[PDB]
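Chain lettering follows the listing: the opening sequence line is A, and each later line takes the next letter. Using the numbering of the PDB entry, the residues shown for chain A are 1-99, in order. Chain B residue numbers are taken from the PDB entry; in order, the displayed residues are 1-99. Atoms within a ligand are numbered from 1 in the order they appear, just like the ligands themselves. According to its header, the structure was obtained by X-ray crystallography, 1.9 Å.
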There are 2 protein chains.
Amino acid sequence: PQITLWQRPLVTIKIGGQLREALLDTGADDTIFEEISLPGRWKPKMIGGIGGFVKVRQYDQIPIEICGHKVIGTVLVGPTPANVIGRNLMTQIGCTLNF
Amino acid sequence: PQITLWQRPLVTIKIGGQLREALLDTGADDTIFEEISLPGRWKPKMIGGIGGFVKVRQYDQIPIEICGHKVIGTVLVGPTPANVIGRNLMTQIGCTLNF
Ligand SMILES: CC(C)(C)NC(=O)[C@@H]1CN(Cc2cccnc2)CCN1C[C@@H](O)C[C@@H](Cc1ccccc1)C(=O)N[C@H]1c2ccccc2C[C@H]1O
């Protein structure tokens, strides 16, 4: 579908059997969620954003359903005021910016 | 323009007679630049991002040309690792997300 930007670009997702809302964020290179549980090993990682850096866990090859589309990718879990779907996963559902 | 997301969605803009590049960022409600000079009065403002808060100057009704389109809006100036064009200006150039 097409989404205008008068309101935050929120989409419902299913990840690790949990349901969450996340922002389709073209300004984010990666995908990050606050408080969700993922299984398996992970690698520590620090991502930078506006306001500073945050230490997160990096989980690879994680299945995630974005607004109905089933894809798999790297997902970060760590402190964030909003769950974000980055470009790493937006390219998988074929999302584009248009004007 | 349609823009895919395999690479950062950068656009060249002109604001206050200065040229710079900025990220089309659907995850940002506001527009912020670091390292630019704007004229007139402004109001202090705390902005929250992924890594914490940043103190910035808020300038209203500032003309800005984004990828050739001339619009006007609120622009923040303060510490940021990347210039960002938020939803407040993307709606003015009719930018939409599609998938
Ligand atoms: C991978 C990771 C997710 C850490 N990336 C980012 O946070 C990038 C960082 N770059 C920079 C970078 C840093 C390090 C290395 N390369 C690049 C600048 C742009 N952000 C993307 C932003 O869109 C993220 C949002 C997150 C958010 C949404 C809603 C509520 C809270 C947090 C963001 O920063 N939003 C805020 C925001 C942002 C700009 C202007 C106004 C406002 C207000 C608000 O919407």
*Asks:* Write down the macromolecule with more contacts to ligand 1 than any other chain, named per the PDB entry.
*Replies:*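 The chief chain, as the PDB entry names it, is POL polyprotein.
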*Asks:* Not sure I'm reading this right - what drug is at ligand 1?
*Replies:*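 Found there: indinavir.
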*Asks:* Give the letters of all other chains with a heavy atom closer than 4.0 Å to indinavir.
*Replies:*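 By heavy atoms, the other chains are A, B.
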*Asks:* Okay, for chain B, which organism does the deposit list?
*Replies:*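 The organism in the entry is Human immunodeficiency virus 1.
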*Asks:* Can you sort out which atoms of indinavir are near B/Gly49, meaning under 4.0 Å from one of its heavy atoms?
*Replies:*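 So the answer, numbered in order with elements, is 34 (O).
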*Asks:* Which of the atoms of indinavir are close to B/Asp25, meaning less than 4.0 Å from one of its heavy atoms?
*Replies:*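 In order of numbering, the contacting atoms are 19 (C), 21 (C), 22 (C), 23 (O).
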*Asks:* Return the closest protein heavy atom for atom 25 (C) of indinavir as residue, atom name and distance.
*Replies:*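 The protein heavy atom lying closest is B/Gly27 O, 3.7 Å.
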*Asks:* Please report which non-hydrogen protein atom sits nearest to atom 7 (O) of indinavir, along with the residue it belongs to and the distance in Å to one decimal place.
*Replies:*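 Among all protein heavy atoms, the one nearest atom 7 (O) of indinavir is B/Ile50 CB, 3.6 Å.
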*Asks:* Give me the residue, atom name and distance of the protein heavy atom closest to atom 30 (C) of indinavir.
*Replies:*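 Among all protein heavy atoms, the one nearest atom 30 (C) of indinavir is A/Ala82 CB, 3.7 Å.
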*Asks:* Atom 12 (C) of indinavir: which protein heavy atom is closest, and how many Å away?
*Replies:*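 For this ligand atom, the closest protein heavy atom is B/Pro81 CG, 3.5 Å.
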*Asks:* Within a distance under 4.0 Å of any heavy atom of A/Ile47, pick out the atoms of indinavir and give their elements.
*Replies:*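 Selected atoms, number and element: 4 (C).
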*Asks:* Provide, to 0.1 Å, the distance between atom 18 (C) of indinavir and the closest protein heavy atom, together with that atom's residue and name.
*Replies:*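 Nearest neighbour among protein heavy atoms for atom 18 (C) of indinavir, to 0.1 Å: B/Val84 CG2, 4.2 Å.
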*Asks:* Quick one: what's the binding site of indinavir if I count heavy atoms under 4.0 Å?
*Replies:*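 The heavy-atom site around indinavir is A/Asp25, A/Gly27, A/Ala28, A/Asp30, A/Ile47, A/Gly48, A/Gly49, A/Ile50, A/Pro81, A/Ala82, B/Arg8, B/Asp25, B/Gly27, B/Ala28, B/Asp29, B/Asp30, B/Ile32, B/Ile47, B/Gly48, B/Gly49, B/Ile50, B/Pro81, B/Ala82.
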